[PDB]
Amino acid sequence: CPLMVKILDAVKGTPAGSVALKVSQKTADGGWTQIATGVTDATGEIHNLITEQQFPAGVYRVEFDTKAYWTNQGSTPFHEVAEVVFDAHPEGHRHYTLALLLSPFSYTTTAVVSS
Amino acid sequence: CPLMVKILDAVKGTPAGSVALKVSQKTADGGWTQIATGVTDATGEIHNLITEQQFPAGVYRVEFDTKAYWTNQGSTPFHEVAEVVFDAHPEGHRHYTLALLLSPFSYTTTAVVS
Amino acid sequence: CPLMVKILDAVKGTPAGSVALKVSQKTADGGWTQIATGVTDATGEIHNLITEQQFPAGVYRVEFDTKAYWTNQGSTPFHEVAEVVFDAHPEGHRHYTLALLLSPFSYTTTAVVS
Amino acid sequence: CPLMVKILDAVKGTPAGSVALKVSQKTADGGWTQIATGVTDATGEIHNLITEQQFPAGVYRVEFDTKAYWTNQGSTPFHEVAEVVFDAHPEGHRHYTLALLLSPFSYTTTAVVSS
Ligand SMILES: Cc1c(Cl)cccc1Nc1ncccc1C(=O)O
Ligand SMILES: Cc1c(Cl)cccc1Nc1ncccc1C(=O)O
């Protein structure tokens, strides 16, 4: 699997479980095609989110529904979502991990890309 | 002015100057209408980005052109753009500052709401 | 003034007021001498923390009492303290701002150096 | 093993390999006893850093030598070190992961604590 996530909760000090997300692929006219969805497990991950065949070179957007996560925790969130948008170059089985650290009014996102 | 930004560069330890951005408001059908553009000054800020009259409650997106920023700094970036999407509640002259801390492969974003 | 701070609270979206801190400079033998203390105001800042005369080059530590801050906010914290340790190069009236973004189990810290 | 680290490099998008660190335990008179040292592997980790017997309840400091890491990468760093100081409550095999995200002038650190 070429696309992984890892979400952490900076209030409780745990992975962020049960965060819904969507993966989309940019189209030529500037639109977006939804290619996968899921909800993180208790480790803040979604295993086998997409296949290599689903992940050709191009621009991808991963939208994480952080607002619902905070509402369920009892916190008042600032952001509607956290968006991560990047150009993927999957040749040679290059892998992408999108790391995300959540607080009610803030997030940090980084990427780990293999070679 | 109800919407401010403060952008810092985590590599060189300065504000991030000359970062282009676009502000959009979400429509009832789920699309986006662009309402303003700007470019940060050497303090990482943009003065008078929009007016209160342009800022009813609703969902807004600020799209920061971080890819161009990092290319111009000479460092290969990861993100195509940095988007900050938030629901505004301006009643009571509430003001919003979007703070943004940039690295080539990472950013942190937070808000200060008065 | 050559040393400033800016502390934000990532839970409530405000500056972090009433955060206590202590500034120390490292001695030649590797110990620490405390040179100043302060407490942030409601903007998350401390004005006139030290003077240029108190700020030769060297290694400095700022110790922020984040555990007390979070206990007072009513949220269990992880860290006992947040320490920022850096080598200062004041020649040329160079000024340092320590930016700090706090959550109960996490912090981000960066610097703006003029 | 009750104490793990995970260090990432926010410039290159990789784990931060070959970062030296030290683990110390606070003493009653306010001093520090060094209990372990190591250097991260290419995954940004140190496996089996300490044992459970080495990790009684108390205050611990993990000092990461980030300055040398950036000098080797060719960057000019701000911080001398990154310090993480916390009170450990290891009963019930509670585990601590210290996550650290590095840039030349900035770091983010969070903890993942099990239960
Ligand atoms: C403290 C900070 C961080 Cl941690 C990251 C990005 C900008 C900032 N700074 C600010 N954010 C909001 C308003 C003012 C500032 C400032 O630095 O003056
Ligand atoms: C270190 C870290 C930070 Cl600083 C923020 C969010 C997730 C992580 N953790 C990871 N990121 C990527 C891959 C693995 C991990 C992990 O913690 O196992």
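Chain lettering follows the listing: the opening sequence line is A, and each later line takes the next letter. In chain A, numbers come from the PDB entry; the residues present are 10-124, in order. Chain B is numbered as in the PDB entry, which gives 10-123 for the residues shown. Chain C residue numbers are taken from the PDB entry; in order, the displayed residues are 10-123. Residue numbering for chain D follows the PDB entry, covering 10-124 in order. The figures here come from the full heavy-atom set of this structure, side chains too, leaving out hydrogens, waters and symmetry mates. For ligands, and for the atoms within them, numbers begin at 1 and follow the listed sequence. Looking at the header, which is where the method is noted, we find X-ray crystallography, 1.4 Å.
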Ligand 1: drug:
clonixin
If you rank chains by how many heavy-atom contacts each makes with clonixin (ligand 1), which has the most, and what name does the PDB entry give it?
Transthyretin
Which other chains get a heavy atom nearer than 4.0 Å to clonixin (ligand 1)?
B, C
Considering only protein heavy atoms, which is closest to atom 14 (C) of clonixin (ligand 1), and at what distance to one decimal place?
C/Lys15 CE, 3.8 Å
For atom 8 (C) of clonixin (ligand 1), what's the nearest protein heavy atom and its distance?
B/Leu17 CD1, 3.9 Å
Against heavy atoms of C/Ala108, which atoms of clonixin (ligand 1) measure under 4.0 Å?
1 (C), 2 (C), 4 (Cl)
Would you check whether C/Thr117 reaches within less than 4.0 Å of clonixin (ligand 1), judged by its heavy atoms?
no
